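Check out this one - dexamethasone stuck to mineralocorticoid receptor.
In what follows, every chain begins at residue 1, and chains take the letters A, B, ... in the order their sequences are listed. These values consider heavy atoms only, across backbone and side chains, with no hydrogens, waters or symmetry-generated copies. Indexing begins at 1, ligand by ligand and atom by atom, following the structure's order.
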Amino acid sequence: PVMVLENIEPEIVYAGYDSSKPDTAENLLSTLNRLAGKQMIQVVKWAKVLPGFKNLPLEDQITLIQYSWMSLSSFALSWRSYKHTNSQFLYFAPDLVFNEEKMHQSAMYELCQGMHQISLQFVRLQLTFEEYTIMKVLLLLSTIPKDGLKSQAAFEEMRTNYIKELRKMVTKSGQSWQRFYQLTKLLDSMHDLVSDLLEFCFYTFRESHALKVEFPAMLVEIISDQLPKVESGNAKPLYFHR
Amino acid sequence: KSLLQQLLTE
Ligand SMILES: C[C@@H]1C[C@H]2[C@@H]3CCC4=CC(=O)C=C[C@]4(C)[C@@]3(F)[C@@H](O)C[C@]2(C)[C@@]1(O)C(=O)CO
């Protein structure tokens with residue numbers, strides 16, 4: 001599956017950001033949401049051809065993408081931050097890199113700091129691309145409905161196979177045992193982060209009109225379905241620890 | 001047909 005993940009890995013997406021324009025929160029947040037829309041088209045194309053995922057019913061595929069989109073987006077952001085800047089900045093796109101200054105102007109400074117902490121962890125662990133690609137699949141399968149999916153057994157089989165796949169990757173001991181522990185603790189830490197990101201996302205989505213924070217059609221459809229489920233307690237995060 | 005539906009059933 002590791003060779004498959006390397007080939008289907010989505011190419012970098014440009015924000016189309018103009019650096020000579022004013023750094024207002026409305027402009028910054030709207031640019032990032034339009035970027036999220038373009039990135040998510042690739043994410044869904046990547047998901048569609050994943051070994052095992054293609055065997056889940058379409059309704060379970062939609063549920064998993066709607067629950068995990070924020071986690072996949074933040075994890076990929078930290079991956080680019082690590083690979084292009086050695087986790088000094090938040091590399092949203094090649095033409096949109098956040099420093100402390102942009103973080104303050106985006107009106108989401110603490111959440112940016114929270115997303116930066118994950119990039120810092122990637123530098124500390126010296127995360128490999130192979131480890132990253134399996135962890136991304138585990139994030140796609142990290143949240144399910146409270147009453148489970150339509151094909152819960154098929155889901156559990158796929159997820160166990162990807163956990164085993166991560167164990168096989170780190171065994172390439174002692175250090176490999178500590179690595180599996182550290183990579184799975186890092187996966188669980190995404191739940192707390194994503195909970196805070198979605199809180200601000202849901203607020204800006206509700207207050208889109210007053211705030212003038214644009215959302216592309218891709219994000220409107222996902223958030224319209226996701227928001228009622230999360231807010232009513234229908235989401236069930238899956239943890240490796242606790 | 002939603003955008004997620006379209007992209008998963010191409
Ligand atoms: C705090 C939230 C979390 C944000 C997201 C965090 C993860 C992310 C990484 C990217 O590479 C591009 C866009 C996204 C996916 C994002 F940066 C934007 O979409 C804006 C976002 C939703 C947010 O700032 C808003 O709600 C703005 O409305």
Next item on the list: Name the other chains in heavy-atom contact with dexamethasone below 4.0 Å.
Entry: A
Margin query: Counting non-hydrogen protein atoms only, what is the nearest one to atom 6 (C) of dexamethasone? Give residue, atom name and distance.
Written below: A/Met115 SD, 3.7 Å
Note to self: Wondering about overlap here: which UniProt-listed 21-hydroxyprogesterone-binding residues of chain A have a non-hydrogen atom under 4.0 Å from dexamethasone?
What the structure shows: A/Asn33, A/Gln39, A/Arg80, A/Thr204
Next item on the list: Pick out, from the UniProt aldosterone-binding residues of chain A, those with a heavy atom under 4.0 Å from dexamethasone.
Entry: A/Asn33, A/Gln39, A/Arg80, A/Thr204
Check: Given the protein's heavy atoms, is any one of them under 4.0 Å from atom 16 (C) of dexamethasone?
Finding: no
Item checked: Per-atom contacts of dexamethasone with A/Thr204, taking only distances under 4.0 Å to non-hydrogen atoms -> 25 (C), 26 (O), 27 (C), 28 (O)
Next item on the list: Identify which UniProt domain of chain A contributes most contacts to dexamethasone.
Entry: NR LBD
Check: How far is atom 8 (C) of dexamethasone from its nearest protein heavy atom, and which residue and atom name does that atom have?
Finding: A/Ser73 CB, 3.9 Å
Notebook entry, point to check: What are the atoms of dexamethasone, with element, lying closer than 4.0 Å to any heavy atom of A/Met108?
Noted result: 1 (C), 24 (O)
Checklist line | Those atoms of dexamethasone less than 4.0 Å from some heavy atom in A/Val213 | finding: 28 (O)
Checklist line | A/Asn33, A/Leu28, A/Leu32: member with heavy atom nearest to atom 21 (C) of dexamethasone | finding: A/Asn33
Notebook entry, point to check: What source species is given for chain A in the PDB entry?
Noted result: Homo sapiens
Note to self: Quick check on contacts: which atoms of dexamethasone are under 4.0 angstrom from a heavy atom of A/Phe215?
What the structure shows: 28 (O)
Check: How close does the nearest protein non-hydrogen atom get to atom 11 (O) of dexamethasone, and which residue and atom is it?
Finding: A/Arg80 NH2, 2.9 Å
Item checked: Binding-site residues: dexamethasone, 4.0 Å heavy-atom cut-off -> A/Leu29, A/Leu32, A/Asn33, A/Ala36, A/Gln39, A/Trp69, A/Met70, A/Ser73, A/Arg80, A/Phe92, A/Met108, A/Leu111, A/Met115, A/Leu197, A/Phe200, A/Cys201, A/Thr204, A/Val213, A/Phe215
